[PDB]
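Mupirocin:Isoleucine--tRNA ligase complex.
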Amino acid sequence: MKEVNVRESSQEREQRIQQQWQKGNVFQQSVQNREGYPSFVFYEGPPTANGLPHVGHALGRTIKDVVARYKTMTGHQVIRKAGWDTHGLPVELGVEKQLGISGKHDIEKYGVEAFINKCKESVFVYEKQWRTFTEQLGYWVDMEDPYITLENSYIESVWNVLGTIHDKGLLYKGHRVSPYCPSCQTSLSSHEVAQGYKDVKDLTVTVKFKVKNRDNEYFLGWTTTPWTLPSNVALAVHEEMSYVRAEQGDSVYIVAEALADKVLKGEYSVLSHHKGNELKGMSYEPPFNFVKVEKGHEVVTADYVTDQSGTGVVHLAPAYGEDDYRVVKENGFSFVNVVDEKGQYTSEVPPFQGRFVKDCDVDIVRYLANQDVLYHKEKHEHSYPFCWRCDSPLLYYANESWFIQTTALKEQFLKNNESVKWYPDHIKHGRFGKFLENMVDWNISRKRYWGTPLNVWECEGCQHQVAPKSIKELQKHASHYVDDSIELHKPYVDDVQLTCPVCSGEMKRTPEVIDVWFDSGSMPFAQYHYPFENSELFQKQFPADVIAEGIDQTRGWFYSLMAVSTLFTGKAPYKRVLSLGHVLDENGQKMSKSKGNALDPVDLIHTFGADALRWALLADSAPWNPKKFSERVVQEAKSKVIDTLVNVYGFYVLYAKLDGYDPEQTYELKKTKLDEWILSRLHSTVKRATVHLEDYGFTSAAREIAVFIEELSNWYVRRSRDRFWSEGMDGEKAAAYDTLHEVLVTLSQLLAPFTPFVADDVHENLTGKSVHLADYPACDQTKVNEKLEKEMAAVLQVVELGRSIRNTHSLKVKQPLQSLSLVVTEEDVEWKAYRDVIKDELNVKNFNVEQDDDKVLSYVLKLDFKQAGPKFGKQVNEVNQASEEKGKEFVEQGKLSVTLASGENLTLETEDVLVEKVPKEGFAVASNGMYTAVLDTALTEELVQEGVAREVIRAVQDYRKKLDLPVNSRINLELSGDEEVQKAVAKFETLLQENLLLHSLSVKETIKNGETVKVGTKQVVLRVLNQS
Ligand SMILES: C/C(=C\C(=O)OCCCCCCCCC(=O)O)C[C@@H]1OC[C@H](C[C@@H]2O[C@H]2[C@@H](C)[C@H](C)O)[C@@H](O)[C@H]1O
Ligand SMILES: [Zn+2]
Ligand SMILES: [Zn+2]
């Protein structure tokens, strides 16, 4: 065993262990040694090296590493794989911001290829910081062998999945309506929309839609957006609502019965009543007829039509509203869109072509009035959403896009989710399950340059679609040569055309790339270039036994993994999900870039060590409970767990080497109750931490281990130091070494998944072998002694009571007191087996176990005027409750009743008496639960003297340490002090001789070149010197 510097910094210890791991090839050995054992599989959600790692990564990688180490130690082979998610809109946006250009014209003016190369360059800028973070956190993985989503082989596997999906007919071109900025040409989120409202005055109109082949009858439709009127496709009514034919002069208007008084201006006669279902299929004339709608201009019924707004008859334009889109499609009516991506009318609306639609509202209302189809108009004051980024007005707009018809497999999604164990449980049928229940199809295409190209080619002749699954298929179908080296990115693949298998015309690739969530959801198949290679490795690494990422992946990676795998294989790609809460600052605010309140994990590792950071990320709350993180939280883990272990470990190594202890020898062993207690607690801890870890309960396993470490240091080691300091090697000393040796070996194994650096420092020094090649320890049931555990815990309650009495009266522990006395009802605990440990801990001369109070307390008895409500003889209970007083009170305490005689009669008291235990002169009392402790706080000259001598001893031990003297050396000591110090030292000379290693001790009047130290509040000069 090498010596231990308990003051060695964490950074130095962890770098030393890291060097052992490289020298011993320990990570790779930990995997090879499990060749043949069952496989345990985990997937990491691939991060990106265009940003620095943050404490969110540190939380998730600590949890994955704990699981991997634990499953390795319990008999599994755990292959570790990392990857980089390199496509993704932020990459492209960062290059646009760096170059100062945007939009298709400027990027192509710049050169697509050159633009693509900047994106490539931007994604690994922080690779070196990622390597340092990964290594220093102790997250074992080969960073020379990542998968990378921009590599051809990765992309080729993604194309293979997409082509398989296309084969099933599940990949289609469609439209989806969303809030949309016509200036930025992008769809905004609800949160983005909520940020940008603004108040406006515009026009709403009630429009006449003439009924075909009737005399002067019209549906009336109300709208807030006149510019959608040239694109009318249908009128919707509610099946069950009541409608009237209302006559006004020469015309008849059809509106809802309940809205007619509001919507019609002036009086009307009701000609007839109709349910909306009777209006279904009625043909009408639209207000404009230049846009072609092949199927439409009829009334349809739809449940969302209400009696609370408009006329009850709703104009539908399917490209400018989500309900409009759905209802038109439900009825098999034509989809039309007469507005371009800039919010401008196309050539399909000739009189307004090229103008921004909202700018045309006034001109359309003038046209309606000029054409006699405007029934009513009014000024409208309301709030309208604008673009935070340019305050252009927003629009409801349908872009054309590619979709995967995931809804076609909704039932398989739900079945696969049912097979997953979620942590916490409620995510399964809550956040995640409800997202599945409300599934819409996956909008897969993106109109940008950097990303996985969507591998769909369309014939310019007949629009037939071919989707190459591979480079070989691309080359086979291409109408020209395609080199083996073709890069699967834009623009290279846009220059490849195929021969249409239907008509032999030219096929051109659709221009879009795919959603980055599809790349990362494809990682179970693409990470190993499946099915082109590695089919055995893939099958062994599918599905994952566990993943662990933030709960924000509910609609992200958790969903894209499930969706890609369900589409491709039908199967769930993971068996369990550990969800993580986003880390908070000490104020409970989420850590974010903009606020500057994040704590860098590499900073925290440098200050406190990775063991302490990992512990702080695992302890005191579950992974899915957001942590209020601070440096103080890491410091507490370092002090309570890391440093405490290191100090116990260094104590063992120091004394084992001094005494030449060797676990290989057989010694005569007399084990004490303390030895048996800590070995029992150790195996109880093994048992309980294992159960928790089997269920992924790191928090409770951490808690169990921390309690053990505290008991080990604060009770077992503290109350056994005398056996280690002893001269010789009797049976009780050998038992101490034997016991603490086993404790440290087993505890370092237990800790190995949590705190892998210090665990291996302890284990390798004691055993010569890396802890990370060990098996997780087994509980030895024969060393579990629940009776001893329950006994020692009662002993600890009494120690706590004694200490609290001392603290209450400011009586230092070094100051001996005459006695502690304990009064117990039950003969529950064998107190004589722990008397010496109790007297040592509490520094009392006598420990008395009492069944009674008599010698210790007197009882004062009052009547309880609150409970003695009935008894009207309060003058009698006053005199009856006012030597003989001591005898009568002790009598009523034990018997729990009382019989006092009034002025003539006798009454029977019970629970109507308030009792006061008054400590006798010089005693102080405290109680909890079953136990009452009474401390004799009376100091005497001789007790005070002995305390002074105990403080001299401790001052000498401290000074020897400050001089860095070995603990086994004998010294010549000079001491100078006041007359009380001189006299205490002479009187307790043999106590000093027995507790200090001394060649001589000279009390001198004055000392040359001594050092002044504190003995209590006294100043004493000490000198250590040489003498022949
Ligand atoms: C718990 C989380 C963040 C957190 O706790 O963040 C707290 C710290 C944020 C502070 C940022 C500011 C740092 C710099 C500064 O000071 O300015 C969320 C998790 O993040 C980690 C992982 C990210 C992977 O990419 C996701 C993959 C799965 C997907 C395919 O893309 C993932 O598990 C994610 O769910
Ligand atoms: Zn905008
Ligand atoms: Zn064709």
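By the numbers in the PDB entry, the shown part of chain A spans 1-882, 887-1032. Only heavy atoms go into these numbers, but all of them, side chains included; no hydrogens, no water, no symmetry mates. In listed order, ligands and their atoms are each counted from 1.
Counting all copies, mupirocin can be found at ligand 1.
Counting heavy atoms within 4.0 Å, the binding site of mupirocin (ligand 1) comprises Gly45, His54, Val55, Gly56, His57, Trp517, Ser520, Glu549, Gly550, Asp552, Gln553, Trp557, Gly581, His582, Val583, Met591, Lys593, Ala598.
Listed by atom number, the atoms of mupirocin (ligand 1) under 4.0 Å from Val583 heavy atoms are 4 (C), 5 (O). Those atoms of mupirocin (ligand 1) that come under 4.0 Å of a heavy atom in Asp552, given as number and element, are 18 (C), 34 (C), 35 (O). For mupirocin (ligand 1), the atoms closer than 4.0 angstrom to any heavy atom of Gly45 are 28 (C). Closest to atom 2 (C) of mupirocin (ligand 1), if we only count protein heavy atoms, is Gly56 CA, 4.2 Å. The presence of a protein heavy atom under 4.0 Å from atom 14 (C) of mupirocin (ligand 1) is ruled out.
According to the PDB, the organism given as the origin of chain A is Priestia megaterium. Counting atoms of mupirocin (ligand 1) from 1 in the listed order, those under 4.0 Å from a heavy atom of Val55 are 7 (C), 8 (C). At the top of the distance list for atom 1 (C) of mupirocin (ligand 1), counting protein heavy atoms only, stands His582 CA, 3.8 Å.
Geometrically, mupirocin (ligand 1) and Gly550 share a nitrogen or oxygen pair separated by less than 3.5 Å. From the protein, the heavy atom lying nearest to atom 10 (C) of mupirocin (ligand 1) is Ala598 CB, 3.7 Å.
The contact set between mupirocin (ligand 1) and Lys593, taken as ligand atoms under 4.0 Å from a residue heavy atom, comprises 12 (C), 17 (O). Listed by number with element, the atoms of mupirocin (ligand 1) under 4.0 angstrom from any heavy atom of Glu549 are 22 (C), 28 (C), 32 (C), 33 (O).
For mupirocin (ligand 1), the atoms sitting less than 4.0 Å from at least one non-hydrogen atom of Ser520 are 30 (C), numbered in the order shown with element in parentheses. With ligand atoms numbered from 1 in the order given, mupirocin (ligand 1) contributes 8 (C), 9 (C), 10 (C) to contacts under 4.0 Å with heavy atoms of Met591. Of all protein heavy atoms, the one lying nearest to atom 26 (C) of mupirocin (ligand 1) is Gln553 NE2, 3.9 Å. Regarding atom 25 (O) of mupirocin (ligand 1), its nearest protein heavy-atom neighbour is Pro46 O, 4.2 Å.
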